[PDB]
Chemist: 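I'd like to ask some things about the structure below.
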Amino acid sequence: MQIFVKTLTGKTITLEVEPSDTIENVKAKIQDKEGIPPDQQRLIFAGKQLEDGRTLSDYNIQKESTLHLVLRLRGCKXX
Amino acid sequence: XXXXXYX
Ligand SMILES: *[C@@H]1O[C@H](C(=O)O)[C@@H](O)[C@H](O)[C@H]1NC(=O)CCCCCCCCC(C)C
Ligand SMILES: *O[C@H]1O[C@H](CO)[C@@H](O)[C@H](O)[C@@H]1O
C-alpha cells in the first residue's frame, strides 16, 4: 500500500509499504530516499511517536496515511 | 571524562 511521510520543511515522501512492515523498515526506506540515518529519525502518527519494532498495522496505519518526520540527534562527543 | 560537552 501507499503512505506519505511529511516534514515541516515542505517535503512529502511517497512510500510503497506492507501493513506488516515495521517502523524500522520505513526508516530504512526513508534513508534510501533522503540519506537521513534511521537513528536520526522520529516518526509521529495520530499523536504518538512510533517505536522501531512495531508494525504499521499495530498503529492502524493504512493506505494514504500520513506520518510526520522530525529529526533528532543529541550531541554525543564529550564525557 | 568528568567535563561534559557536546563538542
Ligand atoms: C553524560 O554524557 C555521557 C555520554 O557519554 O553521553 C552519558 O553516558 C552520561 O550518562 C551522561 N550523564 C548524565 O546523563 C547525567 C549528567 C549529570 C551531569 C550533567 C548534567 C547536564 C549538563 C552537563 C554539562 C551535560
Ligand atoms: O570536547 C573535548 O575535546 C575538546 C577539543 O578541543 C577539549 O577542549 C575538551 O576539553 C574535551 O576534551
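Proteins come first, then strands; the chains are lettered A, B, ... in the order of their sequence lines, and each starts at number 1. Heavy atoms only: backbone and side chains are in, while hydrogens, waters and symmetry mates are out. Modified residues: written as parent or X. Their additional atoms: not counted in contacts. The deposited model was determined using X-ray crystallography, 2.5 Å.
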Chemist: Look up the drug at chain B and give its PDB name.
Modeler: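 Recorded as dalbavancin.
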Chemist: Just wondering - which macromolecule does dalbavancin (chain B) hug the most here, in the naming of the PDB entry?
Modeler: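 By most contacts, it's Ubiquitin.
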